[PDB]
Engineer: 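Here is a complex structure; among its components: nirmatrelvir (bound form).
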2 protein chains.
Amino acid sequence: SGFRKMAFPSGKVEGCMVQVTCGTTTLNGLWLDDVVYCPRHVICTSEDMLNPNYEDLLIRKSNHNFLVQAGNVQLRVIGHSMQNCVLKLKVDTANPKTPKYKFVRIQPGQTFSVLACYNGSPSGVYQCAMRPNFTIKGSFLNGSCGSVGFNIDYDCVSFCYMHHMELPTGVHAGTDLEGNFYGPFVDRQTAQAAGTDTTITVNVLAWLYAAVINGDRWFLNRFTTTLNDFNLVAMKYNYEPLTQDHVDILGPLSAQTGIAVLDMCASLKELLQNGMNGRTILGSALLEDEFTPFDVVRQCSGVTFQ
Amino acid sequence: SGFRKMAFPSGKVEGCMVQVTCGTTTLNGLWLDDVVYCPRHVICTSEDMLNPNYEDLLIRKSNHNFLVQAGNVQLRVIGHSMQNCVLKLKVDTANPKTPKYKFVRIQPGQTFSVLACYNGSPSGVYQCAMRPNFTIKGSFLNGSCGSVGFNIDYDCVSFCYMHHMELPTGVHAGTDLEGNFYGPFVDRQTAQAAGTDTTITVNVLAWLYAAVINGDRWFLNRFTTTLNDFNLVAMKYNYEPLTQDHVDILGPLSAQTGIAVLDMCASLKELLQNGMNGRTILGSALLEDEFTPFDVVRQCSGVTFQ
Ligand SMILES: *C(=N)[C@H](C[C@@H]1CCNC1=O)NC(=O)[C@@H]1[C@@H]2[C@H](CN1C(=O)[C@@H](NC(=O)C(F)(F)F)C(C)(C)C)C2(C)C
Ligand SMILES: *C(=N)[C@H](C[C@@H]1CCNC1=O)NC(=O)[C@@H]1[C@@H]2[C@H](CN1C(=O)[C@@H](NC(=O)C(F)(F)F)C(C)(C)C)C2(C)C
């Protein structure tokens, strides 16, 4: 038992991380087969990053302007192209460590692991959710751009996120691996702001199920509620609506615990209207919304990856 | 910016994990050079694990009783021996993926990453602290024994923990890699219990420094306190004493923020006596004690590993 913010093992991704230097900008790239993916603002400099014209900037570049370091071995760039907000650097060597992979775009509410990297060297790994406002609450410093987020499904790495920038509230924005931003953000230094967030209701419920599975039952009650009556309360506390599909997805957790989904909603309702009164759930004094129903089943049942 | 429970990249450890089967027990082993390390209760069965005599049990075993699977490749055991609570399985192949490593025993208060494994296959990675009572609040299911905890220091993996068991309160106990338990626990199914814990005061302070670095300042104040007056309050709230050495270790964080350590103690004092009054710190409604001063500097400055 126990419940932790758990990331996927990062080794398959670690073997893909390289260092990309162009001019005075160094960031991280993702090396799969004979292509290195990186944020296109690597072609920019300090005065470039105000309002840039990336197509203009890229035609002025040469293959030899891009220094790619795979550890202590330099990769010769033999081609380059822009795909939306990412650069594709064609290099003369296929990465022998290329895992089976996909490029998948995730939904707000879904989670993924981030391998934070500096100078092409992995620094740490942690779990993140895509917020309803298409930001992520990450941990990123200068030089972390190009770090990727990912999920693992048996042996296949589903890359979902590449890091590009930090917003003024300290949250982070980036693209999928095809270079399309999550949310209404651009890779320019303008006055962009996250925009209002909501709590991911289905995830809170999944985490309450994790708590019951782990022996925290104090918030359970005999009351119930209709889906519509619950959603009236969700709206008032800035929770997003619960759909019948969410109820269906919570079915296995409901069935393992014997607590009907709508009964657990009634519990969440009481937790929202009364707080927690000095108690904790799974070591938290807040309602946690960054575990999906998938995350809970995986951890409270023990799926591995090979 | 941002602050997350961050684990070390797990790839160097992933390449060491194997599956050890003996009789009807399967668990994880750690393969370094030509030795596989695993918990010695793998030689036990259901009626063996009540009150066993492991030396008696081991003389009755043969090399061929131990089936070691490194992925889809079986390792021939050519020798075996017991070192305290771990088995050392000598195999005929040195692990070509052996990183530079050490076996180090950590102190209560120190943190480490855990690579949770089932059937020799890594499942997830997360960060843990050694509690003052020598337990750890992990996430472990059946078959997770032999999963290791570790730190990384540039290129060298310092293995500090091997998982052995879960205690009735849902917390976990294990050994260092020389087979010596952390705390007063034995690898038998008796009525062992964790024993009372305390909050790791120096870590709470480090995390308050992380918060200031990240822009949470509401808990700061003009008051100060002597070390002795603070320790009178720590004792009352079950915090463990702060030493001058802790104050020295917090020096760099004090110097980066401009907040004297004893001023931050005065802040902690007020947080202990008044609670947080509906506010949060680094997204937490509790005082967090599983980040060391090292962890905070690493994350709020960006050290990598290669
Ligand atoms: C890539 N290495 C960095 C990572 C940033 C730096 C600190 N934390 C991070 O996640 N990315 C950038 O420096 C991008 C890059 C220029 C500016 N930038 C920012 O993240 C900036 N933010 C914005 O411009 C804003 F608010 F609009 F998002 C900064 C103010 C420096 C934090 C470009 C091309 C967006
Ligand atoms: C190794 N794969 C397991 C991991 C356990 C199982 C559930 N969560 C875990 O971390 N280790 C064990 O099964 C050890 C092993 C026999 C019993 N055991 C326990 O963890 C048991 N606990 C205790 O006996 C106690 F409380 F004393 F620690 C159990 C009740 C099954 C949780 C031996 C040799 C200790």
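Order of sequence lines = order of chain letters (A, B, ...). The residues of chain A that appear here are 1-306 by the PDB entry count, in order. So for chain B, numbering is the PDB entry's, and the shown residues are 1-306, in order. Counting starts at 1 for both ligands and their atoms, in listed order. For the numbers below, each heavy atom of this structure counts, side chains included, while hydrogens, waters and symmetry mates do not.
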Engineer: Out of curiosity, which chain makes more contacts with nirmatrelvir (bound form, ligand 1) than the others? Name from the PDB entry, please.
Structural biologist: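 Main binding partner here: 3C-like proteinase.
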Engineer: Would you pull out the other chains with a heavy atom less than 4.0 Å from nirmatrelvir (bound form, ligand 1)?
Structural biologist: A
Engineer: Quick one: what's in the binding site of nirmatrelvir (bound form, ligand 1) at 4.0 Å, using heavy-atom distances?
Structural biologist: A:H41, A:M49, A:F140, A:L141, A:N142, A:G143, A:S144, A:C145, A:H163, A:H164, A:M165, A:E166, A:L167, A:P168, A:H172, A:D187, A:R188, A:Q189, A:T190, A:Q192
Engineer: Does any N/O atom on A:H164 come nearer than 3.5 Å to any N/O atom on nirmatrelvir (bound form, ligand 1)?
Structural biologist: yes
Engineer: Is there at least one pair of N or O atoms, one from A:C145 and one from nirmatrelvir (bound form, ligand 1), spaced under 3.5 Å apart?
Structural biologist: yes
Engineer: Residue and atom of the covalent bond to nirmatrelvir (bound form, ligand 1), if one is modeled?
Structural biologist: A:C145 SG
Engineer: Can you confirm whether some protein heavy atom lies under 4.0 Å from atom 24 (O) of nirmatrelvir (bound form, ligand 1), or whether none does?
Structural biologist: yes
Engineer: A:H172 heavy atoms, cut-off 4.0 Å: which nirmatrelvir (bound form, ligand 1) atoms fall inside?
Structural biologist: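 Within the 4.0 Å cut-off of A:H172, nirmatrelvir (bound form, ligand 1) contributes 10 (O).
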Engineer: Below 4.0 angstrom, counting only protein heavy atoms, does anything approach atom 1 (C) of nirmatrelvir (bound form, ligand 1)?
Structural biologist: yes
Engineer: List the closest protein heavy-atom neighbour of atom 27 (F) of nirmatrelvir (bound form, ligand 1): residue, atom name, distance to the nearest 0.1 Å.
Structural biologist: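 Of every protein heavy atom, A:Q192 NE2, 3.1 Å lies nearest to atom 27 (F) of nirmatrelvir (bound form, ligand 1).
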Engineer: Please write down residue, atom name and distance for the protein heavy atom closest to atom 20 (O) of nirmatrelvir (bound form, ligand 1).
Structural biologist: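 Ranking protein heavy atoms by distance from atom 20 (O) of nirmatrelvir (bound form, ligand 1), first comes A:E166 N, 2.8 Å.
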Engineer: Which organism did the depositors list for chain A in the deposit?
Structural biologist: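 The PDB entry says Severe acute respiratory syndrome coronavirus 2.
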Engineer: Considering both backbone and side-chain atoms of A:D187, is one of its nitrogen or oxygen atoms within less than 3.5 Å of a nitrogen or oxygen in nirmatrelvir (bound form, ligand 1)?
Structural biologist: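 No; the residue has no nitrogen or oxygen that sits under 3.5 Å from a nitrogen or oxygen of the ligand.
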Engineer: Closer than 4.0 Å to some heavy atom of A:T190 - which atoms of nirmatrelvir (bound form, ligand 1) meet that?
Structural biologist: 27 (F)
Engineer: Using heavy atoms only, pick out the UniProt active-site residue of chain A nearest to nirmatrelvir (bound form, ligand 1) and give the distance to 1 Å.
Structural biologist: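 Closest UniProt active-site residue (heavy-atom distance): A:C145, 2 Å.
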Engineer: Write down the UniProt domain of chain A that holds most residues touching nirmatrelvir (bound form, ligand 1).
Structural biologist: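 The majority fall within the UniProt domain Peptidase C30.
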Engineer: Number the atoms of nirmatrelvir (bound form, ligand 1) from 1 as they appear, then name those within less than 4.0 Å of a heavy atom of A:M49, with their elements.
Structural biologist: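 Atoms satisfying the 4.0 Å criterion: 16 (C).
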Engineer: Would you say A:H163 and nirmatrelvir (bound form, ligand 1) have an N/O pair spaced under 3.5 Å apart?
Structural biologist: yes
Engineer: Which nirmatrelvir (bound form, ligand 1) atoms, with their elements, are less than 4.0 angstrom from a heavy-atom of A:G143?
Structural biologist: 2 (N)
